[PDB]
Participant: 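Model contains Taxol. Questions to follow.
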Amino acid sequence: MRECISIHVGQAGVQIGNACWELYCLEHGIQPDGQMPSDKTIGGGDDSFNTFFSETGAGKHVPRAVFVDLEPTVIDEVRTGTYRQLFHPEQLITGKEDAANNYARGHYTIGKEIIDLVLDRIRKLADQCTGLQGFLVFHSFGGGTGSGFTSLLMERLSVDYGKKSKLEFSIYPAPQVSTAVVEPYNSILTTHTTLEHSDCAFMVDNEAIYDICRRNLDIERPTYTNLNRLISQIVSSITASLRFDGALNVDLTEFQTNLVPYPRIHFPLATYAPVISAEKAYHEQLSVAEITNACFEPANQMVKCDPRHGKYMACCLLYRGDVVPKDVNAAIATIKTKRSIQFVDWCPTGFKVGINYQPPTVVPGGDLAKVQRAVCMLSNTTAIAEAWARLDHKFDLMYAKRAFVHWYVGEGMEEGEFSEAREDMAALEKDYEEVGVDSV
Amino acid sequence: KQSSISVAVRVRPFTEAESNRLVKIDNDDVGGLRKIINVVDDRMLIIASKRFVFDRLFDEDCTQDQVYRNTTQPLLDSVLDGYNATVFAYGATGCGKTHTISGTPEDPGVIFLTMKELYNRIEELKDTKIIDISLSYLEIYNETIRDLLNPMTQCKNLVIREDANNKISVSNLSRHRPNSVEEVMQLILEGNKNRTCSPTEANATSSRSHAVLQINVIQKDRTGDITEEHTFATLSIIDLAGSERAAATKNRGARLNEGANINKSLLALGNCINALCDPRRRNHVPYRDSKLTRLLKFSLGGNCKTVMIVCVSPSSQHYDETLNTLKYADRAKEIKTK
Amino acid sequence: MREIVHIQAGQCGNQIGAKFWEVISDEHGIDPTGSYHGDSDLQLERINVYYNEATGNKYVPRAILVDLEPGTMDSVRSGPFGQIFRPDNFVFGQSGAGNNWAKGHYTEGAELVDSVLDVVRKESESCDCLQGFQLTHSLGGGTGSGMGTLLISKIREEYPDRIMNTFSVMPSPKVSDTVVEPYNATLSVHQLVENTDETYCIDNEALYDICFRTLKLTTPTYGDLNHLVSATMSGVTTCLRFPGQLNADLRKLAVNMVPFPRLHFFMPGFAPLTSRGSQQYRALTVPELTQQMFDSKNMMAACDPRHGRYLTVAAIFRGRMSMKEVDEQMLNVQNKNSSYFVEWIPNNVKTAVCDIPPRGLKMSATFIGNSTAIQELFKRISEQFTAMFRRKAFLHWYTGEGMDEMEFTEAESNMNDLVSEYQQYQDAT
Ligand SMILES: CC(=O)O[C@H]1C(=O)[C@@]2(C)[C@H]([C@H](OC(=O)c3ccccc3)[C@]3(O)C[C@H](OC(=O)[C@H](O)[C@@H](NC(=O)c4ccccc4)c4ccccc4)C(C)=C1C3(C)C)[C@]1(OC(C)=O)CO[C@@H]1C[C@@H]2O
Ligand SMILES: Nc1nc2c(ncn2[C@@H]2O[C@H](COP(=O)(O)OP(=O)(O)OP(=O)(O)O)[C@@H](O)[C@H]2O)c(=O)[nH]1
Ligand SMILES: Nc1nc2c(ncn2[C@@H]2O[C@H](COP(=O)(O)OP(=O)(O)O)[C@@H](O)[C@H]2O)c(=O)[nH]1
Ligand SMILES: [Mg+2]
């Protein structure tokens, strides 16, 4: 089997998980209360849901999820919502104050009093697992919980499992837009966990998806529901090969093998091509070449950085629906013909292709349009360093005067650790600059 | 210009047992005796994987006599001249802070030599001046002052009042007038007995409060006639509790907040020192952020010599602590140069 | 979980607290008798933040009423919501402070502080997880300032690591009705600067200006001022009680808004304030909510933010709204008025959003500024202080109760240190 364990930490992670499990239940025809009427109606016995769901004797399907937060508002929302009857009652909360947006509180002071429960539940889930593939961790750099507790949890997981894959889906802070004052500190502090423990971290920011919603979907006032639905679509596209048959499947292990060129360079961008409203669903062919070209536009990138200011070092294109390999080869040849898309000389192969026969699913009441073809592009490129640099500058502007540092050092953090994380980020930026130079 | 805050950082010598049990790995490869904290110059230390610049670097062979003669002898001259003087001590656990500041009877520490030379100096100056010495010893704990030499005093008695003539004069503080260094050390031991402490990790006697020793020297004319000119001075010897991370802590509770306060106090002190060294920030210095900085409001300016004895170790068991200590030392004078 | 203890001291504090409990009870659908008559399950979900259960379905607010004369207690007990409170929580002496800080702090209040602390301990021990305390008083008065600051000191000694909030009503330069306001205000600020984590400065002059001009009220009374302060108080702690999209408890606001341990004096505000006649001639949208929010004349602190720079800002919206609009508007405000924001903080705005707007309003917002301009307020008080201290105008009344001149000098020096610290960051750098 091909199981994957999903973990959601903090408000952003939990709400993204709400969207993700909504999409998954819609995909596999599982009702909110856990029963699947298709098996009773037809008979079933040949479906594929072990990647995310686990059966019981009564026919209920329980997801392989762990919802974690340091305050109970969001998880109490889930406990009394539409999907209250779906999850196991082990949706773990701290019956106390949250991290309150600082790494030190989430990592050292109050995050150590729930980590035992989280690890015990992860162990129990893994014991039911026979073919475990990896961990999909959802969190946010900006928040205290999503940074500190995620760091602690990933450290413990690396100590315990070690050999298993770990994939991150994080909400990086945007260049201009921001909803907190101490975001740079937490984001820089998460550098160590992102580097040493994570195997491949996919980064997102709210500003880029807001721009995508404004331009493509024709949504003038977008809320977090739309962002979560888009991120859920991307995550479903990533894991589609573990659930359905396709011409060229792509599991997580080979995925990382052909995406990650060096151990420290595991920070790819992600994008989804056919983001189009139902009004614009007509007047467009949406052929394979069209969507593949749409993947590489700077505007459609889900991280506010310019790909044209850096050399592509690897690319993986995961197609869903009615797609023929010859069309994909023609599209990739067309992309290689273009001059603006610069590839590093030491990666002549360039692209990886996977194809799946399951078309994308549409959530009812969602604002995405039904399409026959879709493609998700994950690209390892040097552009992301620019994003790090801008956040780097923000950190300096707040650390010269030691602003807000007393809150952090009052919760078990040492003053010297800030500079250490800063130097680690600087080393990472230097490595990303170094790999981009042409060989001699 | 010349400034008044000087940084002298010393490297602890290896013990016989640690050297024997840790040099085996170095001998085999060429155990953690890598000599991580080495020296290349009296004012520069690039052997930490990074380059740091310090006012004075005190090597392995440096014994107590040259330590005193280099770090704190001019402070006695300044305090006898009529200007305040201060010496801080900072070092994590196992860094030899106690060995340097106090020492053993075989090897006298900094306090012994400083008191001995002060007593000799006043003995020489007796022929022309009448000089007396007043001693006080107090502890700062959770932003509360406690009299170590006179316990049972309520915390609300000991408060700071800003005297009009640039004096602090913490109220209800017991005062002593020892006449010799021996009884000074007896009083110091009496105070250290009352020092707040608690077992932590495998250590049983980890100090968890800042300690301050104040020596007020009052001088007046003997062989002359004058109306009112004494200009009494103060020498401060400050022992700062080492920083600590909750991660090491497990019991939490009162040990947490205590430790947290210590960190906050250290941070405040650092800012004050930095605010004093940078000429741009001279408009305002955050003295009020902690009890210690308020207590030393007039004992860090340009008209008073301040020094800091930073004690580190070369072992690998304390690599992170030593790096943190070096970074804290660099905070005083962030002369980022190569 | 995350339950708050409310304390009231003095006439002004007791009146504001009575209005605050009326507003909160209306928000949660609580009858004056203490029973529940709501129309939504969400109200009951997190009612334990402010209330305690009682056997016959009743709900008792977790309030503690303190005074030194029984007149205000009798007035509150006979009010519309008098029966809601616990009779045991009423604590009061017999000899008033008489607008004397020394009597409130040293002579009279020292007797009643033990009973008040015992009641506070009884209330706090039964709590599940204590978020923190919330005092309401005025610094210009007698028993209010003195006994308030005494209680803050005692509770900080007993509960060092819990968030402390004080909704202080500062004295005004124009609207002054007590001759010895500078002494009381200085002596109370000397304690508040040390023993608090937040301090929402409120001034009667600003509230009167808002009532006259923004609301077009012809004859304001203290009820309307208490109404505005109650709206602010309810808005600040909304994220604890109701679900939202960006939750923000008291500690999160404290962490985001306070850069240094002493700069924790804030200017509050409530955005949708309009007259009844002019309601139909305007929409209700996020951009105009923001425009009224950052309007210099809508602040309750009687300080012009244009004469300073915003060290930090916090905006707590309530209602169904898009996050893109909120973020875009806050970014536009920061970029358009870059002269009024400090350069050395990349983002000066902490945003929170709650999904439940207050009763008959489509959506509302609350503002918590932290700007250098507040120093001017202290400067004003400091001026009056020295104007009365060089000659010792009324000093004998204070020294008769056991005070000393050194305490006055210490308080003045501390206030000057605070003003200088605030002025340090106002200069361009
Ligand atoms: C039909 C209609 O629109 O009625 C409104 C109303 O006319 C206006 C003018 C209301 C009205 O407010 C005032 O005129 C007012 C007067 C003095 C002091 C403060 C307010 C209203 O009184 C206020 C009242 O507001 C509420 O109900 C809120 O929930 C408020 N609670 C209370 O006012 C309240 C007080 C005591 C007992 C029970 C409820 C609240 C505000 C913030 C946080 C929590 C609760 C409402 C609906 C109205 C009237 C009645 C006319 C406004 O309400 C507020 C609180 O800002 C003033 O500007 C808004 C805009 C509204 O349009
Ligand atoms: N994409 C997306 N991002 C979100 C969502 N909710 C919150 N965020 C992001 O979360 C970031 C801040 O994290 P927090 O709101 O503090 O949530 P948290 O990580 O749990 O941190 P704490 O609440 O303090 O525990 C913001 O910058 C938001 O951009 C969401 O629903 N979708
Ligand atoms: N907002 C408001 N302020 C008040 C009220 N009553 C008094 N004040 C203010 O409080 C100050 C007097 O303080 P006071 O209540 O007498 O203090 P106390 O005697 O110690 O309780 C005056 O400057 C008034 O502006 C009230 O009902 N509402
Ligand atoms: Mg949260």
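Below, chain A is the first sequence line, B the second, and so on; all start at residue 1. Every number for a ligand or one of its atoms is a count from 1 in the order of the listing. Every heavy atom of this structure was used, including side-chain atoms; hydrogens, water molecules and symmetry mates were not.
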Participant: What are all the ligands or chains assigned to Taxol?
Facilitator: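 In this structure, ligand 1.
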Participant: Which polymer chain has more close contacts with Taxol (ligand 1) than any other, using its name in the PDB entry?
Facilitator: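 It sits in most contact with Tubulin beta-2B chain.
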Participant: Which other chains are heavy-atom neighbours of Taxol (ligand 1) at a cut-off of 4.0 Å?
Facilitator: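 Going by non-hydrogen atoms, C.
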Participant: Under 4.0 Å, heavy atom to atom, what does Taxol (ligand 1) touch in the other chains?
Facilitator: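 By heavy-atom distance, those residues are C/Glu22, C/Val23, C/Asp26, C/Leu215, C/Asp224, C/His227, C/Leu228, C/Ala231, C/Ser234, C/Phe270, C/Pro272, C/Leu273, C/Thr274, C/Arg276, C/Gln279, C/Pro358, C/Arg359, C/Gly360.
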Participant: Okay, for chain C, which organism does the deposit list?
Facilitator: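 In the entry, the organism is Sus scrofa.
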